[PDB]
Peer 1: 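Please take a look at this structure featuring lestaurtinib.
We number chain A the way the PDB entry does; in order, the residues shown are 10-30, 33-167, 182-289. So this one's X-ray crystallography, 2.5 Å, going by the header. Both backbone and side-chain heavy atoms feed into the values below; hydrogens, waters and symmetry mates do not. Remember, it's 1-based here, ligands and their atoms both numbered in the order they're listed.
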Amino acid sequence: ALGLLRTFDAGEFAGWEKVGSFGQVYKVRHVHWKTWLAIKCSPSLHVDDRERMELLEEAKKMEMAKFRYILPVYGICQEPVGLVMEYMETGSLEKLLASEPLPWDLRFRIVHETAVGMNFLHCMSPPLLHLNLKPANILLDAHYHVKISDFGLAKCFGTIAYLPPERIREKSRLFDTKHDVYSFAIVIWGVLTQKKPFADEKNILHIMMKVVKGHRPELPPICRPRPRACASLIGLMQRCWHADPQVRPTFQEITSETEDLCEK
Ligand SMILES: C[C@]12O[C@H](C[C@]1(O)CO)n1c3ccccc3c3c4c(c5c6ccccc6n2c5c31)CNC4=O
Ligand SMILES: [Cl-]
């Protein structure tokens, strides 16, 4: 797993340019490879053995999930302590959703590709739970294709909206695949509306409490350009954010439906 990863010396990189914020992310040129990469550096001053081992754990989890829709990892920098990864020119879905209105065909393809990546993680033996899935961690290449990133919290702030209600109900429940399915529901919501969930609201505590009783982000209306596909997606979203985790679909079931939203 960690055998193929390379150690990078900071002299190998140039043109450091901030893109991130957690930890700072930089676009770097690898001078000998004549290509750009991304490096996420630690926020602290003293990088202890706890961090350096966790960073290695983060890298090994990414390498085990090599896939078309998962962000490739190249290795670690020691000079500044950082994880070295593929560069995704277009940045995050969060930024894309806030920029301009997206055509519906692209929206459906983003949802589908995100679902196929998540399905791949849950198909591993044992399943890899992402546990931090949100528009900020869904990255886009020059042609707007998805690769899932941020494996910092994966297991074999603004995150409250993506947190399943059972995680608010139970003091430290055991993590499962149904956690990611909930977060994905809230991702669908953001793609449908181009808004951040619970953006208007004053305090988190009231909404969190209501979320435990079955409250969710307000359903969007049916769109004019693709009303049928939009209705189907709204329906799937709703099943994916059901209060009972066992009633939620699997990503196997999700990917089957999101595929039909793309094919005309
Ligand atoms: C912090 C964050 O910076 C932005 C988006 C971001 O996810 C925060 O919303 N951000 C960008 C903005 C504009 C262009 C590229 C990125 C980028 C990249 C990565 C990451 C990344 C990896 C692991 C955790 C966080 C990461 N980011 C990344 C990121 C990893 N690969 C990247 O290219
Ligand atoms: Cl339609």
Peer 1: For lestaurtinib, which ligands or chains should I point to, including every copy?
Peer 2: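 Counting every copy, ligand 1.
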Peer 1: Just trying to sort out this structure - which chain has the greatest number of contacts to lestaurtinib, name per UniProt?
Peer 2: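 It has the most contacts with Receptor-interacting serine/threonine-protein kinase 4.
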Peer 1: In this structure, which residues build the binding site of lestaurtinib when a heavy-atom cut-off of 4.0 Å is applied?
Peer 2: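 With non-hydrogen atoms counted, the site is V28, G29, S30, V36, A49, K51, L82, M96, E97, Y98, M99, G102, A147, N148, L150, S160, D161.
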Peer 1: Could you say whether the N/O atoms of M99 and lestaurtinib ever approach to under 3.5 Å?
Peer 2: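 By distance alone, the answer is yes.
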Peer 1: Under 4.0 Å from a heavy atom of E97: give me the atoms of lestaurtinib that qualify, with their elements.
Peer 2: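 Matching atoms, with element in brackets: 30 (C), 31 (N), 32 (C), 33 (O).
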Peer 1: Which atoms of lestaurtinib have any heavy atom of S30 under 4.0 Å away?
Peer 2: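 Those qualifying, in numeric order: 1 (C).
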Peer 1: I'm looking at lestaurtinib in this structure - which UniProt domain of chain A has most of the contacts?
Peer 2: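 Per UniProt, it's Protein kinase.
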Peer 1: Considering the heavy atoms of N148, write down every atom of lestaurtinib situated less than 4.0 Å from one of them.
Peer 2: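 Going through lestaurtinib atom by atom, the ones under 4.0 Å from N148 are 7 (O).
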Peer 1: Relative to the heavy atoms of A49, which atoms of lestaurtinib are at a distance of less than 4.0 Å?
Peer 2: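 So the answer, numbered in order with elements, is 30 (C), 31 (N), 32 (C), 33 (O).
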Peer 1: Check lestaurtinib against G29 and write out every atom of the ligand that is under 4.0 Å from a heavy-atom position of the residue.
Peer 2: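 Once the distances to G29 are compared, the set is 3 (O).
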Peer 1: Check lestaurtinib against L82 and write out every atom of the ligand that is under 4.0 Å from a heavy-atom position of the residue.
Peer 2: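 Result: 30 (C), 31 (N).
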Peer 1: Please report whether lestaurtinib has a polar contact with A147, defined as an N or O pair separated by less than 3.5 Å (distance criterion only).
Peer 2: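 Yes, since at least one N or O of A147 sits under 3.5 Å from an N or O of lestaurtinib.
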Peer 1: As an exercise, identify every atom of lestaurtinib less than 4.0 angstrom from a heavy atom of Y98.
Peer 2: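 Listed by number with element, the hits are 14 (C), 15 (C), 33 (O).
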Peer 1: Atoms of lestaurtinib less than 4.0 Å from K51 heavy atoms?
Peer 2: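 Once the distances to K51 are compared, the set is 23 (C), 24 (C).
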